[PDB]
Undergrad: 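The following entry shows lopinavir complexed with protease.
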Protein chains: 2
Amino acid sequence: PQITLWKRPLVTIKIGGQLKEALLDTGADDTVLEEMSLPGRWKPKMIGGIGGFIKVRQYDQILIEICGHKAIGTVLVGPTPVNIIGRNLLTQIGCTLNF
Amino acid sequence: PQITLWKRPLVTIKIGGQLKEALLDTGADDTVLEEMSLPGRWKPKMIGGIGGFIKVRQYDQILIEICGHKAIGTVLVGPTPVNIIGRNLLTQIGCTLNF
Ligand SMILES: Cc1cccc(C)c1OCC(=O)N[C@@H](Cc1ccccc1)[C@@H](O)C[C@H](Cc1ccccc1)NC(=O)[C@H](C(C)C)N1CCCNC1=O
Ligand SMILES: [Cl-]
Ligand SMILES: [Cl-]
Ligand SMILES: [Cl-]
Ligand SMILES: [Cl-]
């Protein structure tokens, strides 16, 4: 697709068999979803946003589908206000900015 | 240009007679810059996201140049950790996401 930016670039993702809404975010280095269960072990990470840093759980090698495009990569889980698809998965699905 | 997302999409902007580096941020509704002076009237605003809320000054009808593309819009100024070009100005330069 080509997605314009007059509204938030929200898309449907699928993770753990569940559909969620998430923001395609070129300003985010990594992908972070609101609290949920994922398989396997997790490692600690902090990420910084507009108001400061939060602690999240880092899960690696997770299956996630973004607008129908299958990806496998790192997904953070924590106290984010919105589900965010960051550059790590945007690059996987072939996303670029164009003007 | 076509900008890939292996690295942060940082570009040079020109604003208030100054050159600065800023992030092209599809996950931002608004444009927010680190402390600087801008001309004209402003009103206070709170923005919140990851890590909570900051207070900013909202300036309207501000001229900016982003990668050689001119635009006008609202610019927020305050203690953001990074200069952010949000959708309100990304639309004006015809910036889209593509995959
Ligand atoms: C930088 C980073 C590293 C690792 C992982 C992640 C997810 C990372 O990104 C975290 C992050 O908050 N990035 C922001 C820009 C960023 C990068 C680096 C440091 C600080 C910020 C931005 O892109 C997304 C984030 C999304 C959001 C969150 C809560 C509510 C609404 C939107 N958007 C916002 O905060 C914007 C701001 C910038 C005007 N925003 C907040 C007011 C309401 N609407 C809105 O759009
Ligand atoms: Cl749109
Ligand atoms: Cl990854
Ligand atoms: Cl605007
Ligand atoms: Cl358009």
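Letters A, B, ... are given to chains in the order of the sequence lines, protein chains preceding strands, and every chain is numbered from 1. Any value given below was found using the heavy atoms of this structure, including those in side chains, with hydrogens, waters and symmetry copies removed. Structure determined by X-ray crystallography, 1.5 Å. Counting starts at 1 for both ligands and their atoms, in listed order.
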Undergrad: Where do all copies of lopinavir turn up in this model?
TA: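 For lopinavir, that's ligand 1.
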Undergrad: List the other chains with a heavy atom under 4.0 Å from lopinavir.
TA: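 Non-hydrogen contacts: A, B.
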Undergrad: Suppose I only count heavy atoms of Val32(B) and a 4.0 Å limit; which atoms of lopinavir are within that range?
TA: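 Numbered from 1, lopinavir contributes 39 (C).
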Undergrad: If you measure from each heavy atom of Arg8(A) to lopinavir, is any distance below 4.0 Å?
TA: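 Yes, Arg8(A) has a heavy atom closer than 4.0 Å to lopinavir.
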Undergrad: Given that the side chain starts at C-beta and the backbone is N, CA, C, O, which of these parts of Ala28(A) lies under 4.0 Å from lopinavir, counting heavy atoms, or is it both or neither?
TA: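 Both of them.
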Undergrad: Do any heavy atoms of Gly48(A) fall under 4.0 Å from lopinavir?
TA: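 Flag set, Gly48(A) near lopinavir.
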Undergrad: Purely on distance, is any nitrogen or oxygen of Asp29(A) under 3.5 Å from one on lopinavir?
TA: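 No - when backbone and side-chain N and O of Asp29(A) are compared with those of lopinavir, no distance drops under 3.5 Å.
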Undergrad: What source organism does the PDB entry list for chain A?
TA: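 Per the entry, it comes from Human immunodeficiency virus 1.
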Undergrad: Determine whether any protein heavy atom is located less than 4.0 Å from atom 23 (O) of lopinavir.
TA: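 Within 4.0 Å of atom 23 (O) of lopinavir, protein heavy atoms are found.
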Undergrad: Tabulate residues with any non-hydrogen atom nearer than 4.0 Å to lopinavir.
TA: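 Non-hydrogen contacts come from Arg8(A), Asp25(A), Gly27(A), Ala28(A), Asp29(A), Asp30(A), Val32(A), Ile47(A), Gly48(A), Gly49(A), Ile50(A), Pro81(A), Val82(A), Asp25(B), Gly27(B), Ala28(B), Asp29(B), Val32(B), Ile47(B), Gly48(B), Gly49(B), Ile50(B), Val82(B), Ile84(B).
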